**Student:** 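The structure is given below, and queries will be raised subsequently.
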Amino acid sequence: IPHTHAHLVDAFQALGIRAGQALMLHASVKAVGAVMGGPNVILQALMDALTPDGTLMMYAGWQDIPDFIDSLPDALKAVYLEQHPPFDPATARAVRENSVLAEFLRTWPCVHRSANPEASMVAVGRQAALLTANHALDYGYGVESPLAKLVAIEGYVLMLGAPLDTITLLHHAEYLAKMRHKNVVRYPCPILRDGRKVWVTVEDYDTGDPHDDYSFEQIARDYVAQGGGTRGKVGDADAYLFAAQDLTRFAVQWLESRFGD
Amino acid sequence: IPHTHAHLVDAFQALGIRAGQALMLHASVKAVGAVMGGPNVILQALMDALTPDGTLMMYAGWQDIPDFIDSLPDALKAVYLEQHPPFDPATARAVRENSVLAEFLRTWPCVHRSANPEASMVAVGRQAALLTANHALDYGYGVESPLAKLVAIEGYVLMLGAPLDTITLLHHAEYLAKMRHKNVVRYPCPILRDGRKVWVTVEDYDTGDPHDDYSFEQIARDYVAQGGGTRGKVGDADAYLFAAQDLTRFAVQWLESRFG
Amino acid sequence: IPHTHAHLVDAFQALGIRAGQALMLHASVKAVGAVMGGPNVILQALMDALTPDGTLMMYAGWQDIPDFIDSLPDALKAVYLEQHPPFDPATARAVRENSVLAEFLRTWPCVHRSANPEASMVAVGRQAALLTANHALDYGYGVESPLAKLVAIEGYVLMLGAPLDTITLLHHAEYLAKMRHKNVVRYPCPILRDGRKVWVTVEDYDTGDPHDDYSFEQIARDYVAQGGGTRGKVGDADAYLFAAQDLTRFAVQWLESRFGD
Amino acid sequence: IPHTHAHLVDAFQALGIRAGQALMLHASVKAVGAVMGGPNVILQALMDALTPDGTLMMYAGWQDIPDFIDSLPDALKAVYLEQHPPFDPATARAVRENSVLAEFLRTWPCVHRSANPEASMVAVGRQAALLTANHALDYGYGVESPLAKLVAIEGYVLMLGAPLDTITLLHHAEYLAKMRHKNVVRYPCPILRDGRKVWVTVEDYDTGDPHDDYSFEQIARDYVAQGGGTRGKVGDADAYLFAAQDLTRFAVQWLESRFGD
Ligand SMILES: CC(C)(COP(=O)(O)OP(=O)(O)OC[C@H]1O[C@@H](n2cnc3c(N)ncnc32)[C@H](O)[C@@H]1OP(=O)(O)O)[C@@H](O)C(=O)NCCC(=O)NCCS
Ligand SMILES: CC(C)(COP(=O)(O)OP(=O)(O)OC[C@H]1O[C@@H](n2cnc3c(N)ncnc32)[C@H](O)[C@@H]1OP(=O)(O)O)[C@@H](O)C(=O)NCCC(=O)NCCS
Ligand SMILES: CC(C)(COP(=O)(O)OP(=O)(O)OC[C@H]1O[C@@H](n2cnc3c(N)ncnc32)[C@H](O)[C@@H]1OP(=O)(O)O)[C@@H](O)C(=O)NCCC(=O)NCCS
Ligand SMILES: CC(C)(COP(=O)(O)OP(=O)(O)OC[C@H]1O[C@@H](n2cnc3c(N)ncnc32)[C@H](O)[C@@H]1OP(=O)(O)O)[C@@H](O)C(=O)NCCC(=O)NCCS
Ligand SMILES: NC[C@H]1O[C@H](O[C@H]2[C@H](O[C@@H]3O[C@H](CO)[C@@H](O)[C@H]3O)[C@@H](O)[C@H](N)C[C@@H]2N)[C@H](N)[C@@H](O)[C@@H]1O
Ligand SMILES: NC[C@H]1O[C@H](O[C@H]2[C@H](O[C@@H]3O[C@H](CO)[C@@H](O)[C@H]3O)[C@@H](O)[C@H](N)C[C@@H]2N)[C@H](N)[C@@H](O)[C@@H]1O
Ligand SMILES: NC[C@H]1O[C@H](O[C@H]2[C@H](O[C@@H]3O[C@H](CO)[C@@H](O)[C@H]3O)[C@@H](O)[C@H](N)C[C@@H]2N)[C@H](N)[C@@H](O)[C@@H]1O
Ligand SMILES: NC[C@H]1O[C@H](O[C@H]2[C@H](O[C@@H]3O[C@H](CO)[C@@H](O)[C@H]3O)[C@@H](O)[C@H](N)C[C@@H]2N)[C@H](N)[C@@H](O)[C@@H]1O
């Protein structure tokens, strides 16, 4: 009754997932429904469809990032600066709202993790080191990011029962697009440097709210409506498979046509 | 008859300015009235009362600091990033609202200027290098600032027809005071590093608005009312002379009792 | 009698070269022996084993870099400052001792060349632009170098009859290693800036002599002795294939255990 | 016969010492000759000429710093790591070859001491806390040092029968100067961190030998020969009074003209 590994492998393949692809996954475990062996089998089935020559990536981030401390009373901020642990990539837990699957992949054998705390990506497979390498602290969805590299190697994005609003790649499209105005955020973050905690200022485009009157769901819905991507069932979940290069190109043109200067 | 150099020196001495003091000036040229020789003579008369063993300092800042570029359209901000000049302490003009006297002092012979663009101070005299040295870019009114040093050497603040709301030293009291919440700002600024332009992020407490329900004029008036400072006329101007250490102590206690 | 293209491809594959790898080559043409078609066929056979989704990189440097002029009399120095040509990446010849194969690759179609004159790297393939981008003038074997990026994307080093003392990647290990003594040098170099010749000063760790009592031969031989890398014949040449990340990690530990904190 | 407090005060004033100056002293007690009350009176007379508005600073260092332990056998090194006391600024004795006057000033009432063990400075007076604050452990004669601050506040250096080779400020000139070769060292040191002994590694330019073919004696003699500073007798001692800013500028130009870019 629960979905089997073999059936999930074939369901992923039916969508168009092929040996050797680099793929970034957004998922809802509940949407897929009961799997025989639990969410590990979702990851393993996807890895098997990709084969060891492919690569699987997820957005992990950092569940406990203390980027809000300026909003606290001064005396409480002082305690955070002294007592909050730094981002340690070996232990920093994935953002829970990024799916438990991101935390499962973060702790998978042979995983690689990128160094930007807020934008941290985890990946397993042939190009996992490449995708996660040299992730700049500032503008973490920009040109020196795993999203840029995913576009460059013509990777894919799989939404597995995940809302279309959660496509992290579209923050890279926001970065690229010549828009009339984008909101810049600067926030403190503790990191490790020579094995010691250092608080640094991170600069980035706001990724919590859009820069103008749009949503990622709207961009993705328009992409699908004009023939973009493939769609199909995986377990109980509605799934969408997008080519990163074409989706990014479409999204940049979409933003610039509506909100450019 | 326009006010003379001698009459200004004498009025400065009558108010309590003494040889060897370190003094930070806030002024209105218009409030002083016509001076024989112009605003140079205000500066020179004050320097003469201080003698070369004293020191005179003003808050210059940078009139053209482009700290607002994040609010501009992205395409315009890109042009600023490419074309706006960096803070060059040799040429960066003083904020006009800090008085033309601050720009006059900034271009005075033997002046020293501190390196923080937004908070830049200029000084002439025996301790001018000391006061302006190693002015940190972040928290420019804090521990690594000319204001901290002015307090440490028990200097003075002279208000020469300037409103009591303009006492820059009270931003140092804000920095020191343990208050429930202070607003932190981070803003971009172009500077010179190894002779090349570099854009850096500056972090500071907000100095454009108070951190709570107060004004500097309110603090200063309360200080005067409880016997703080000396008052007198210099030219046509109402003048106030404050000890930096006592005013800072008072303002920190004032802030902490109300907002701590 | 001469080695054929097909036999060289087979030998590279037997050694462990795989499609998609990013590979840095050190070679001796003489050690390989006569090849049917000459040294071009060595490069093409290696590129074929790597496929277009792989990358081949070599250290080119600049045969005629005038980094020695501070030692000359002022009058001769003035002539160098006036008359020596700048580093032009389109024409600057590779160091002859880096093998003629480095000069052959530098002039190969679709090559990318990194901008640091003394440390210039040349590469052909899918990650060639990535590896050669933004190569800082200072500390050219350091954090901003193609060697750092080769480690970060988990590339490989192939020794094709080249002595183990010539592994340029070990200068990156010297840069990373925390050691009791380092020599820092500053030297002059003419470059092109806005189409004009400009003399700049480059700061780097000394790469002409070791920083302490060791040799690269010593480190690499120890690496092999503990099971590092794979070995085999390619043509007449003894070949070694090393993982860049594992060799660098080993060499940093080797240096730090003897001269470190 | 023994020099009196009053006659030292007069001699310091005749040399050019003035109220309010920040002054770094290098001294020989024997060169001054017998003082009525002993070396305390040298320090007190100098403080009196400076007044409490002035500041007197000396290089104390740490007589017992175990910065040499990497050269010992592993077994003896092990005992040092276990048993050597940490740098405690309250008790760490001044280097004996820095003059007993440095230890006398280190134990003077109201003294402030900078935190860098090897480069520790002690000071008494109005800018004593300023000069000694935030003395970084790495590059202790560099930008984050009391010597940098002495230059910035336009202080002075007084040589009181001390050899001209002993001007510690010239290590700051070495740090600033752009030079063809520098030696960088890393050495161990035990310090206090949250009241517990911790061993750290300090990185600095070598200050035990020059970076090139020069001595501080040469630089200082050349400075004096071109009119730098003021000279006079204090007690039996030849004294020199130098402006820290002018001497540092001269020394940096001297080094860069001979060994610079
Ligand atoms: C928010 C969102 C993750 C919620 O989806 P979800 O299916 O409810 O949550 P998850 O995918 O984390 O799965 C949670 C379920 O995994 C199940 N599960 C199975 N084994 C588990 C295990 N060892 N440990 C924990 N949970 C386990 C549990 O049933 C758990 O549900 P429960 O806590 O209610 O018992 C989803 O709507 C979504 O948005 N996904 C895309 C997220 C994304 O990629 N965001 C990018 C940034 S915008
Ligand atoms: C805002 C404030 C400066 C305005 O006072 P003000 O007397 O009108 O202005 P200034 O002191 O700059 O003097 C300007 C006058 O100097 C005169 N002046 C004389 N010689 C001059 C010269 N060579 N060049 C320019 N102006 C000259 C001019 O008459 C000029 O007035 P005008 O342009 O209207 O003709 C004053 O109210 C104030 O706040 N002073 C304190 C400022 C301060 O210290 N702020 C700290 C940060 S909060
Ligand atoms: C120094 C070293 C290159 C010498 O090896 P080598 O085989 O003698 O020299 P090369 O690899 O340059 O091959 C030269 C041969 O290529 C041959 N060749 C074939 N076609 C050629 C052509 N069109 N043009 C020139 N030479 C050609 C020639 O026989 C030439 O030898 P020759 O000039 O004596 O006739 C080798 O010992 C070595 O150290 N390799 C590693 C180099 C390195 O990577 N260094 C990194 C910095 S330490
Ligand atoms: C090395 C140098 C200090 C030797 O000078 P010195 O006059 O022989 O030594 P000191 O200045 O330490 O004075 C020591 C004398 O102080 C006298 N003294 C007086 N009271 C004393 C007391 N309570 N306790 C100890 N000594 C006392 C003693 O005569 C002692 O000499 P002694 O042990 O032979 O009896 C001197 O040549 C020098 O180089 N000074 C500059 C040092 C410097 O600043 N170095 C910076 C780093 S390069
Ligand atoms: N792609 C649109 C999404 O925006 C928000 O999630 C973003 C997230 O926003 C955070 O959400 C927290 C509060 O929910 C804040 O701390 C924010 O920083 C941001 O910090 C990440 N860098 C990227 C995430 N995409 C929304 N939470 C999500 O529901 C929505 O689908
Ligand atoms: N706290 C009282 C004072 O605050 C403001 O001046 C501050 C000033 O704030 C600017 O004032 C402008 C409003 O005209 C804004 O651009 C602000 O950025 C800030 O740039 C300086 N760092 C410190 C100045 N004290 C007031 N201008 C001044 O009139 C008043 O006396
Ligand atoms: N570390 C091992 C290697 O070091 C030297 O080659 C280096 C080379 O050194 C030059 O060669 C001369 C002899 O050392 C120096 O004077 C420099 O000009 C240097 O310029 C490059 N930056 C890197 C090269 N690896 C050796 N020449 C080389 O044979 C040896 O394999
Ligand atoms: N500035 C020149 C001076 O160098 C030496 O003293 C230096 C001292 O050098 C040590 O002294 C040992 C032998 O000289 C070295 O091994 C170092 O550890 C060094 O540790 C300090 N950081 C700075 C001192 N200046 C000389 N002791 C001194 O006589 C000479 O005049």
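Lettering: A, B, C, ... assigned in the same order as the sequence lines. Note that chain A is numbered according to the PDB entry, with residues 6-266 shown in order. We number chain B the same way the PDB entry does; the residues here are 6-265, in that order. Using the PDB entry numbers, chain C covers 6-266, in order. Quick note: numbers on chain D are straight from the PDB entry, i.e. 6-266, in order. Basis for what follows: all heavy atoms, side chains included, without hydrogens, waters or symmetry-related copies. For ligands, and for the atoms within them, numbers begin at 1 and follow the listed sequence.
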**Student:** Which macromolecule does ligand 6 make the most contacts with, named the way the PDB entry names it?
**Tutor:** Aminoglycoside N(3)-acetyltransferase III
**Student:** Specify the drug or drug candidate modeled at ligand 6.
**Tutor:** ribostamycin
**Student:** Could you check which other chains have heavy atoms less than 4.0 Å from ribostamycin (ligand 6)?
**Tutor:** B
**Student:** Which residues listed in UniProt as CoA binding sites of chain B come within 4.0 Å of ribostamycin (ligand 6) at the heavy-atom level?
**Tutor:** B:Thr171
**Student:** Go through ribostamycin (ligand 6) atom by atom and flag the ones less than 4.0 Å from a non-hydrogen atom of B:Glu123.
**Tutor:** 19 (C), 20 (O), 21 (C), 22 (N)
**Student:** Taking only heavy atoms of B:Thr171 into account, list the atoms of ribostamycin (ligand 6) that are under 4.0 Å away from them.
**Tutor:** 31 (O)
**Student:** Side chain, backbone, both or neither: which part of B:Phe73 comes within less than 4.0 Å of ribostamycin (ligand 6) when only heavy atoms are counted?
**Tutor:** neither
**Student:** Against heavy atoms of B:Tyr64, which atoms of ribostamycin (ligand 6) measure under 4.0 Å?
**Tutor:** 21 (C), 22 (N)
**Student:** Which ribostamycin (ligand 6) atoms, with their elements, are less than 4.0 angstrom from a heavy-atom of B:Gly213?
**Tutor:** 9 (O)
**Student:** If you measure from each heavy atom of B:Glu222 to ribostamycin (ligand 6), is any distance below 4.0 Å?
**Tutor:** no
**Student:** I need the atoms of ribostamycin (ligand 6) closer than 4.0 Å to a non-hydrogen atom of B:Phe221, numbered in the order shown.
**Tutor:** 1 (N)
**Student:** I'd love a list of the residues lining ribostamycin (ligand 6) within 4.0 Å - heavy atoms, by chain and number.
**Tutor:** B:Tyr64, B:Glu123, B:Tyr146, B:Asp170, B:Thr171, B:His176, B:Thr212, B:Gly213, B:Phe221
